[PDB]
A.B. asks: 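Structure provided below as structure tokens; questions to follow.
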Amino acid sequence: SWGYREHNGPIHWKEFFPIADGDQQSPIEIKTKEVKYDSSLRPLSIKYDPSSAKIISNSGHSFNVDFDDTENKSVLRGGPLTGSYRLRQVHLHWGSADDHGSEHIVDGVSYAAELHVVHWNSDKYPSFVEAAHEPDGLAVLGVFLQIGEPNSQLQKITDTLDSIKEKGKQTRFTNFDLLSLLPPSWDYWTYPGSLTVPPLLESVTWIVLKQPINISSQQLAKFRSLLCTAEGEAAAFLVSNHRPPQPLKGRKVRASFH
Ligand SMILES: CC(=O)Nc1nnc(S(N)(=O)=O)s1
Ligand SMILES: [Zn+2]
């Protein structure tokens, strides 16, 4: 089974999922010199209801804050999107050390971590499962985290880490102000890509914010104390869970800003 360890890591993924070498894989390196502004891009419209969050858990590959997507209370619209995309989950990627943990990298630079807000096209498809199999089915908002002062908006999440240390563990997580976690500026880059974890489906319209948010070194270290293994099973820490940048393959990276 896949993972981020030496024997089941990203370089080995093509062995289980041939699509790992697809033409629209994520993440990628964003080279600002090659980015083209597109006036046809609309401003992002983000409406998040704090009552949407339901639970947080350890999937074995990251922590997952799952939201109730039966309702249309939390949705993402605008940007490069056509229609409304319902909020589904929030998770985080990091590396074994502060100097290299983000999935997407900018001009050869890796941030310390990267937050992903996963949405699906509820306007066209019946469920996230089916949307995940369509080119225009998913939209993932990426937020870079860079080392800085402690971020009090992460406390709610970090306080639960011990209760979901083991893979499979979960605890109730509600009344979460996701919006306040985003940077003040929503300027972003967008390109067609895929999920960064198996099944690596190429159904994602990526929206990566340019402005990063802060996290202290102490805070980030807590996520590395999570295990990618289950209780009663041989232990292994989830010290790193980011996929290396993938070949752009001629895709166009667009900027919503000048
Ligand atoms: C259930 C679900 O959301 N699966 C995902 N797989 N990859 C994702 S990511 N890292 O590309 O946002 S989300
Ligand atoms: Zn992710």
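Per the PDB entry, chain A residues shown: 4-261, in order. Worth knowing before you read on, the calculation uses all heavy atoms, side chains too, and leaves out hydrogens, waters and symmetry mates. For ligands, and for the atoms within them, numbers begin at 1 and follow the listed sequence.
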A.B. asks: What would the PDB label the drug at ligand 1?
C.D. replies: acetazolamide
A.B. asks: Mind checking which chain acetazolamide touches most? I'd like its name from UniProt.
C.D. replies: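 Most contacts: Carbonic anhydrase 13.
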A.B. asks: Hey, could you check which of the UniProt active-site residues of chain A sits nearest acetazolamide? Heavy-atom distance to 1 Å would be great.
C.D. replies: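 In chain A, the nearest UniProt active-site residue by heavy atoms is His64, 8 Å.
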A.B. asks: Relative to the heavy atoms of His96, which atoms of acetazolamide are at a distance of less than 4.0 Å?
C.D. replies: 10 (N)
A.B. asks: In chain A, which UniProt domain contains the majority of residues contacting acetazolamide?
C.D. replies: Alpha-carbonic anhydrase
A.B. asks: Is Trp123 close enough to touch acetazolamide? Criterion: a residue heavy atom under 4.0 Å from a ligand atom.
C.D. replies: no
A.B. asks: At a 4.0 Å threshold, what atoms of acetazolamide neighbour a non-hydrogen atom of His94?
C.D. replies: 9 (S), 10 (N), 12 (O), 13 (S)
A.B. asks: Go through acetazolamide atom by atom and flag the ones less than 4.0 Å from a non-hydrogen atom of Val121.
C.D. replies: 3 (O), 12 (O), 13 (S)
A.B. asks: If you take the residues UniProt annotates as binding Zn(2+) in chain A, which of them have a heavy atom under 4.0 Å from acetazolamide?
C.D. replies: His94, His96, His119
A.B. asks: Report any other ligands and ions found less than 4.0 Å from acetazolamide, or state none.
C.D. replies: ligand 2 (zinc ion)
A.B. asks: Starting from atom 2 (C) of acetazolamide, what is the nearest protein heavy atom, named by residue and atom, and what distance separates them?
C.D. replies: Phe131 CZ, 3.6 Å
A.B. asks: I'd love to know which residues UniProt tags as binding substrate in chain A are close to acetazolamide, meaning a heavy atom under 4.0 Å.
C.D. replies: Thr199, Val200
A.B. asks: Can a non-hydrogen atom of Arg91 be found less than 4.0 Å from any atom of acetazolamide?
C.D. replies: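 It does not; every heavy atom stays at 4.0 Å or beyond.
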A.B. asks: So, regarding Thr199 and acetazolamide (criterion: nitrogen or oxygen to nitrogen or oxygen, under 3.5 Å), is there a contact or not?
C.D. replies: yes
A.B. asks: Which residues form the binding site of acetazolamide when counting heavy atoms under 4.0 Å?
C.D. replies: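 The heavy-atom site around acetazolamide is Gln92, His94, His96, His119, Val121, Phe131, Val143, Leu198, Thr199, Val200, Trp209.
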